[PDB]
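Since the structure comes first, as structure tokens, the remarks are kept for the end.
The residues of the chain are indexed from 1 along the displayed sequence. One-based numbering, in listed order, for ligands and for the atoms of each.
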Amino acid sequence: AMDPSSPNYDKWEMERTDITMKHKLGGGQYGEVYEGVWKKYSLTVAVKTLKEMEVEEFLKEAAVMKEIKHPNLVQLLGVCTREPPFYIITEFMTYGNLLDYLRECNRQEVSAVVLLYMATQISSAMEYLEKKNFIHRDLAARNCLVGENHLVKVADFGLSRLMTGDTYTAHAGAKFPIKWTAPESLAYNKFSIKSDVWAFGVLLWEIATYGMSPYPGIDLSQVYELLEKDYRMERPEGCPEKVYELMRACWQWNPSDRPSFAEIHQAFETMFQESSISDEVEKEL
Ligand SMILES: Cc1ccc(NC(=O)c2ccc(CN3CCN(C)CC3)cc2)cc1Nc1nccc(-c2cccnc2)n1
Ligand SMILES: O=C(Nc1ccc(OC(F)(F)F)cc1)c1cccc(CN2CCOCC2)c1
Ligand SMILES: [Cl-]
């Protein structure tokens with residue numbers, strides 16, 4: 001099986017024994033994900049397993065990750081799926097999730113230039129997924145990771161029934177993150193790359209505020225109705241007008257009127273080619 005000679009060969013399949021399983025990750029906030037070590041590489045990894053009908057979504061997540069490779073998407077390193085317990089192994093990201101990272105970070109270090117950089121990296125991963133005709137479905141700061149030198153990667157932790165609190169709430173027989181969810185997704189169950197664009201705009205606001213909770217002090221039962229009547233979050237303090245214009249574009253009612261990720265990414269790279277975000281932020285302020 002493990003030998004290139006076999007018909008049953010999969011390059012992604014690895015030796016379970018090759019990995020030393022340590023403790024659960026982030027105190028359990030990610031479910032059955034464990035810090036690990038790849039012995040031979042002396043490399044920390046993150047290892048997702050199954051806890052005791054649920055097999056095929058896990059195997060399909062494995063299937064999908066084999067299909068995608070981007071600098072800004074968390075990288076599959078291997079699998080153990082020949083026999084239970086099934087593993088999915090990715091790289092481990094030193095600074096953990098972007099949401100907590102934003103709230104806990106030193107702001108002298110994580111300045112406007114670094115925030116812009118973080119938003120840019122995310123838009124590139126999304127450009128890639130756009131181009132490969134994938135949809136993310138739960139784009140948000142809580143689903144991104146941060147490594148060395150402000151490297152940001154887009155992940156998908158499957159958080160809807162793992163996260164405690166009111167982030168995800170019951171809607172349509174399932175748990176939605178209501179404050180990140182595009183109107184057509186809440187109203188008509190319509191999910192697409194353009195509804196990832198809406199969530200990206202909310203993600204952008206999370207970056208701009210250092211991970212404040214969106215629509216702060218607004219009841220969830222009121223979000224759709226406000227949105228339908230053209231309400232949007234106001235420009236965060238310090239936010240350059242152009243970045244806010246970009247947020248406003250992502251939050252078009254009609255999905256078709258939302259920029260594609262390629263255009264979003266193109267705007268980040270253009271927006272400050274001749275003027276620094278630092279000057280704009282200080283101007284705003
Ligand atoms: C261990 C593992 C197993 C699987 C995954 N998977 C993904 O992150 C992922 C990313 C993108 C897609 C693309 N996909 C397209 C289709 N739509 C519908 C879903 C998303 C799928 C899975 C990540 C991990 N990594 C992971 N998980 C939880 C926590 C951590 C972690 C925590 C702290 C520091 N370093 C790493 N790391
Ligand atoms: O950096 C800021 N905003 C911002 C917005 C968008 C943005 O672009 C992108 F693409 F989203 F990343 C980048 C940065 C910022 C926010 C609050 C306070 C201060 C400085 N002040 C310090 C003293 O106290 C008062 C505030 C700066
Ligand atoms: Cl998809």
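- For ligand 1, the chief contact partner in this model is given in UniProt as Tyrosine-protein kinase ABL1.
- Located at ligand 1, the drug is listed as imatinib.
- The binding site of imatinib (heavy atoms under 4.0 Å) is made of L25, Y30, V33, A46, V47, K48, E61, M65, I68, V74, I88, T90, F92, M93, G96, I135, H136, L145, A155, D156, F157.
- Every N/O-N/O distance between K48 and imatinib stays at or above 3.5 Å.
- Other ligands and ions with any atom nearer than 4.0 Å to imatinib: ligand 3 (chloride ion).
- Closest to atom 37 (N) of imatinib among all protein heavy atoms lies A46 CB, 3.6 Å.
- Close contacts of imatinib with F92, meaning ligand atoms under 4.0 Å from a residue heavy atom, involve 34 (C), 35 (N).
- Among residues UniProt marks as active site in chain A, the one closest to imatinib, with its least heavy-atom distance rounded to 1 Å, is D138, 7 Å.
- The source organism recorded in the entry for chain A is Mus musculus.
- At under 3.5 Å, a nitrogen or oxygen of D156, whether backbone or side chain, sits near a nitrogen or oxygen of imatinib.
- Both criteria (UniProt ATP-binding in chain A; heavy atom under 4.0 Å from imatinib) are met by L25, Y30, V33, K48, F92, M93, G96.
- At the shortest separation from atom 14 (N) of imatinib among protein heavy atoms lies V64 CG1, 4.2 Å.
- Mapped onto UniProt domains, most residues of chain A near imatinib sit in Protein kinase.
- Scanning the protein for heavy atoms near atom 15 (C) of imatinib, the closest one is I135 O, 3.4 Å.
- For atom 6 (N) of imatinib, the closest non-hydrogen atom of the protein is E61 OE2, 2.9 Å.
- Taking distance alone, with nitrogen or oxygen atoms compared against 3.5 Å, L145 stays at or beyond that limit from imatinib.
- At the top of the distance list for atom 13 (C) of imatinib, counting protein heavy atoms only, stands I68 CD1, 3.8 Å.
- Taking every heavy atom of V74 and a limit of under 4.0 angstrom, the matching atoms of imatinib come to 7 (C), 8 (O).
- Atoms of imatinib found under 4.0 Å from any heavy atom of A155, numbered from 1 in the order shown, are 8 (O), 10 (C).
- Between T90 and imatinib, at least one N/O pair is under 3.5 Å apart.
- Atom 26 (C) of imatinib has as its closest protein heavy atom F157 CE2, 3.7 Å.
- Residue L73 places no N or O, backbone or side chain, under 3.5 Å from any N or O of imatinib.
- In this structure, atom 34 (C) of imatinib lies nearest to the protein heavy atom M93 O, 3.1 Å.
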